[PDB]
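Check out this one - VRC01 stuck to Envelope glycoprotein gp160.
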Amino acid sequence: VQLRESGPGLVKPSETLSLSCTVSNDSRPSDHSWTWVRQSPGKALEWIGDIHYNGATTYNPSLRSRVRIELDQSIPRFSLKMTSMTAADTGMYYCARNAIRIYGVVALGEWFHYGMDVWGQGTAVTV
Amino acid sequence: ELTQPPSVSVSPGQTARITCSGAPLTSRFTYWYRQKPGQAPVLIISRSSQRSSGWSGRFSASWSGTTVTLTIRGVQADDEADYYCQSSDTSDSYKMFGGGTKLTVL
Amino acid sequence: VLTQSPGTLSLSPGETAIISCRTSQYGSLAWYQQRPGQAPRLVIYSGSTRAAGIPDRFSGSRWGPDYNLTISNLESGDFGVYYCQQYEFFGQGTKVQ
Amino acid sequence: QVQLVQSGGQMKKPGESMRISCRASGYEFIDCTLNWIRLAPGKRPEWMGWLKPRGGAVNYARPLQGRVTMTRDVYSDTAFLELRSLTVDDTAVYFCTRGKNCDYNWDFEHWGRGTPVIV
Amino acid sequence: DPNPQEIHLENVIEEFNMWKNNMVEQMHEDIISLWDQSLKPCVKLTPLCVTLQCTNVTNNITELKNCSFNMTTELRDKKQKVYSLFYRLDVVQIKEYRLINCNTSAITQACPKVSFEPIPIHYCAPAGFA
Amino acid sequence: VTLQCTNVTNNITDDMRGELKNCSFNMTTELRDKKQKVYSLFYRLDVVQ
Amino acid sequence: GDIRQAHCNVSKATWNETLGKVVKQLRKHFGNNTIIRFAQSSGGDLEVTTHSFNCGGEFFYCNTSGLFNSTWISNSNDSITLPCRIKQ
Ligand SMILES: *[C@@H]1O[C@H](CO)[C@@H](O[C@@H]2O[C@H](CO)[C@@H](O[C@@H]3O[C@H](CO[C@H]4O[C@H](CO[C@H]5O[C@H](CO)[C@@H](O)[C@H](O)[C@@H]5O)[C@@H](O)[C@H](O[C@H]5O[C@H](CO)[C@@H](O)[C@H](O)[C@@H]5O[C@H]5O[C@H](CO)[C@@H](O)[C@H](O)[C@@H]5O)[C@@H]4O)[C@@H](O)[C@H](O[C@H]4O[C@H](CO)[C@@H](O)[C@H](O)[C@@H]4O[C@H]4O[C@H](CO)[C@@H](O)[C@H](O)[C@@H]4O[C@H]4O[C@H](CO)[C@@H](O)[C@H](O)[C@@H]4O)[C@@H]3O)[C@H](O)[C@H]2NC(C)=O)[C@H](O)[C@H]1NC(C)=O
Ligand SMILES: *[C@@H]1O[C@H](CO)[C@@H](O[C@@H]2O[C@H](CO)[C@@H](O[C@@H]3O[C@H](CO)[C@@H](O)[C@H](O[C@H]4O[C@H](CO)[C@@H](O)[C@H](O)[C@@H]4O[C@H]4O[C@H](CO)[C@@H](O)[C@H](O)[C@@H]4O[C@H]4O[C@H](CO)[C@@H](O)[C@H](O)[C@@H]4O)[C@@H]3O)[C@H](O)[C@H]2NC(C)=O)[C@H](O)[C@H]1NC(C)=O
Ligand SMILES: *[C@@H]1O[C@H](CO)[C@@H](O[C@@H]2O[C@H](CO)[C@@H](O[C@@H]3O[C@H](CO[C@H]4O[C@H](CO)[C@@H](O)[C@H](O)[C@@H]4O)[C@@H](O)[C@H](O[C@H]4O[C@H](CO)[C@@H](O)[C@H](O)[C@@H]4O)[C@@H]3O)[C@H](O)[C@H]2NC(C)=O)[C@H](O)[C@H]1NC(C)=O
Ligand SMILES: *[C@@H]1O[C@H](CO)[C@@H](O[C@@H]2O[C@H](CO)[C@@H](O)[C@H](O)[C@H]2NC(C)=O)[C@H](O)[C@H]1NC(C)=O
Ligand SMILES: *[C@@H]1O[C@H](CO)[C@@H](O[C@@H]2O[C@H](CO)[C@@H](O)[C@H](O)[C@H]2NC(C)=O)[C@H](O)[C@H]1NC(C)=O
Ligand SMILES: *[C@@H]1O[C@H](CO)[C@@H](O)[C@H](O)[C@H]1NC(C)=O
Ligand SMILES: *[C@@H]1O[C@H](CO)[C@@H](O)[C@H](O)[C@H]1NC(C)=O
Ligand SMILES: *[C@@H]1O[C@H](CO)[C@@H](O)[C@H](O)[C@H]1NC(C)=O
Ligand SMILES: *[C@@H]1O[C@H](CO)[C@@H](O)[C@H](O)[C@H]1NC(C)=O
Ligand SMILES: *[C@@H]1O[C@H](CO)[C@@H](O)[C@H](O)[C@H]1NC(C)=O
Ligand SMILES: *[C@@H]1O[C@H](CO)[C@@H](O)[C@H](O)[C@H]1NC(C)=O
Ligand SMILES: *[C@@H]1O[C@H](CO)[C@@H](O)[C@H](O)[C@H]1NC(C)=O
Ligand SMILES: *[C@@H]1O[C@H](CO)[C@@H](O)[C@H](O)[C@H]1NC(C)=O
């Protein structure tokens, strides 16, 4: 599987910065949670959020208000929009796949995460 | 939210114990990632079954209470890197990432 | 669904009181007596059948939707509030003093 | 002989919960349906629900659904009526009642002493 | 052995009432009697009412309770440690637990060889009835 | 079971009437492992030394 | 192997059709303008709040709240899965 990530690169403060991620050569993408992560330079990984094909999405608290994810399922195109970005909110951004194993009936919540096994190389964004 | 040592130092023949603690760890599985500067993180330790079993011969981990220790044996110079612990909360609403422990080689 | 027409009957001892009742659905109407302080006690069931231990003064029914309880020879053990009953539906109930 | 014995006199404020016991004796407790009636001056008698204390099956009245629970202890022969979110309009006297026979339920022949509840 | 001896009654109108059918009560009594008769000649599990040291089965990292207890054995003067798995509905707290009905009744083990598969049973009226 | 019996408590040396005896014993309970000391007055005609 | 919940499947389309038939037959008795609603069992022991199977020698108690629910107004390879708790 190949995760090709792209975006504007350079944006000014206080507008919306948009990122895109193309999924290539994945059989059955609907069984995995597609996630965005960020990392400021010299700091730890910061989880942005994730989305599943069933419509369920989740965010990081205290940042969720400024962030929203889309996922076009016809062509598996994985998009992010983050509004009201500040000058200090820069660094590397990576699109990734949290693969999900099912072991029983998915309707009963019988699954678990295999972790973010496949990562895109990401893009460095300055604001 | 997820506390681990800032760094650890180990000789080539020594085994590094990278600890990671937090309240949500008392009930949820922990996923261990390794990151090099510039490169994206690669998955090191994950959950391949409901009831855990053996894993690769290297990069193992052990749970106790609210703290999980990443045991890495046979550390070489190529393993100098920032190790991250990741875990869901007790409600499975969001994910926590650790501050990163920089494993260095003496 | 169910109702009782007379509100309060201010009658003296020995007088006969009538308490009417109207039911909009088929059902085995029952008549209960609630004295002051005492718990209610069954008086009539299956429309007109008299419960055991009830004096013979109690009777009254009709084939139509309207029923009425006749209570003759009012004495000290009489009086209080009388309730209609259907399948878990109760009327306001008429008080006799 | 059939007897139903209750414990009452509860004094509660708005918002609190309450539990009323009803010990049955004489008849076989597990072979006859119980009912819970509410009486008060002014307003009509209200049916709270019925309890079949063999399988523990219960039926609640529509105005009280989500507020009223019924339980049965078959070894103490004791029914229990638990009411949540008690408010001023629930001030009333509560009866634990049984029919004349165990085939037709609504000929309430056997009534308990009564359980005053003042909110 | 024979085929069903069904004889149609032309021009007969009969009043039925299922809710006063004594066949229902007879079936209920018979079935309970067969249940008791089949359960009676096997294990009584009176010794099993012991204090169980139970923990969660867990997922090995963090429905069923893994219980342990000192049970009797063939010899009166010997005891053996037994590890088993019970469902949470069968086990109640007194960590220490006990079985749900050990303070109420003696639980009779279903005989291992008898199967609970229902089989068709026909009820036939005795001579002089139909 | 073996009972350790004592004369009923008259609080002084007064004569016991009916020959009631205190008669404690160890007994069993629902759980097979545990035991529960029990004090129960038994008439002397019921109890033999 | 892995610890998994005992569960029971009923076809969704067939069950919806069956509830439609039952609702029609009930409306024949209550009136043609009424609303017929279904809900989970309102209380009692485990034998009455759930559907009891005794199959394969094992006893199941399945949560029938999935089969019921929904309201009927007077006017597929999709299965309803019921969790089932086992009791020895
Ligand atoms: C009521 O109705 C409901 C529906 O409403 C229904 O629910 C259904 O229940 C069944 C129960 O069986 C359930 O099936 C489970 O599915 C799991 C995943 O599916 C995998 O298989 C399918 C189909 O399998 C085909 O091929 C098999 C080959 O042997 C064959 O046996 C089958 O018959 C069938 O032909 C497959 O489509 C999936 O596809 C993924 O994997 C493929 C592998 O090549 C790949 O081609 C696909 O692209 C796809 O991979 C994607 O994702 C991976 C993620 O890693 C990416 O890498 C890829 O790039 C792709 O993106 C799956 O392969 C499956 O887990 C279950 O089987 C588990 O349990 C059985 C028990 O017998 C074990 O034998 C199995 O080994 C397996 O258990 C292993 O895995 C689980 C989880 O991984 C672990 O917890 C276990 O410990 C164990 O793991 C062990 O092995 C692994 C290595 O394999 C190792 O890593 C571990 O360490 C450990 O050693 C099971 O089959 C079905 O999903 C469910 N339906 C729904 C909708 O939820 C009820 O049954 C109905 N009830 C009634 C009464 O009627
Ligand atoms: C009676 O009938 C009525 C209708 O007439 C029923 O009401 C319906 O109830 C449905 C659920 O039974 C409900 O669907 C839900 O709607 C929302 C849509 O936003 C959504 O929250 C639900 O989906 C979540 O929950 C289900 C439950 O299993 C999960 O399968 C699903 O993945 C979602 O959970 C994930 O996302 C949540 C937030 O998005 C998280 O809180 C949750 O932890 C979980 O996390 C996801 O992301 C994680 C990443 O961090 C990842 O780890 C994890 O794996 C997940 O990906 C669900 O679709 C209907 O909307 C509702 N309909 C109406 C009209 O109200 C009622 O229930 C019936 N009653 C009974 C008793 O059956
Ligand atoms: C639930 O259980 C209750 C009993 O607990 C049943 O109630 C009985 O229902 C039956 C019908 O199923 C009733 O019998 C009928 O009663 C009517 C009486 O009408 C009176 O009022 C009208 C005025 O509107 C007068 O015209 C009339 O003369 C009467 O004074 C009659 O309409 C019926 O008679 C008709 O049918 C019979 C059938 O044989 C004919 O013989 C008659 O000539 C006439 O055509 C009939 O008698 C009965 O009264 C109810 N008893 C009660 C309430 O105690 C419910 O039926 C039952 N429900 C269900 C769904 O099973
Ligand atoms: C139930 O608990 C027992 C006792 O701990 C488990 O059996 C032991 O498992 C450990 C490893 O976890 C072994 O070292 C011991 O030798 C085992 N003891 C015995 C007596 O065999 C057992 O695995 C547990 N069951 C489950 C399902 O988790
Ligand atoms: C299983 O049945 C139980 C009741 O036996 C359901 O529990 C209630 O479910 C409703 C609807 O979701 C909730 O509002 C209540 O809070 C639940 N009760 C309790 C005590 O928590 C349960 O939902 C059923 N399960 C499923 C999957 O439908
Ligand atoms: C997709 O990956 C598979 C291995 O999983 C490989 O065989 C195949 O050539 C790849 N296809 C493309 C188009 O890259
Ligand atoms: C078993 O899991 C339950 C889940 O509520 C928890 O409360 C309990 O402490 C756990 N027991 C043990 C011994 O870990
Ligand atoms: C639990 O995990 C350990 C490794 O941490 C493994 O050796 C052990 O076998 C596992 N237990 C079970 C019951 O699978
Ligand atoms: C069994 O008896 C021994 C006696 O020494 C005791 O230590 C042990 O805890 C008992 N086991 C259980 C499971 O109760
Ligand atoms: C047995 O113990 C349970 C524990 O919940 C208790 O509720 C029950 O009343 C007890 N049985 C008897 C007959 O007292
Ligand atoms: C109890 O009383 C008897 C006389 O009835 C006396 O002989 C005996 O010593 C007394 N025993 C004790 C233990 O006080
Ligand atoms: C009861 O059993 C205990 C066990 O330690 C024993 O020491 C004691 O003597 C017994 N008590 C009586 C009154 O027999
Ligand atoms: C099991 O039930 C489901 C309900 O949807 C049905 O589709 C399936 O065919 C059934 N399987 C068998 C073997 O009868």
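A note on names: the letters A, B, ... follow the listed sequences, proteins ahead of strands, and every chain is numbered from 1. Only this structure's heavy atoms are used, side chains among them; waters, hydrogens and symmetry mates stay out. Be aware that this covers only part of the deposited structure, with contacts counted strictly within it.
Lab note - all copies counted, VRC01 located at chains C and D. Counting only non-hydrogen atoms, chains lying under 4.5 Å from VRC01: E, G.
Defined by heavy atoms under 4.5 Å, the epitope of VRC01 on chain G is G:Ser42, G:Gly43, G:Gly44, G:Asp45, G:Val48. The paratope of VRC01 against chain G, defined by heavy atoms under 4.5 Å, contains D:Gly55, D:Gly56, D:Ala57, D:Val58, D:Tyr60, D:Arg72. In this entry, the organism cited as the source of chain G is Human immunodeficiency virus 1.
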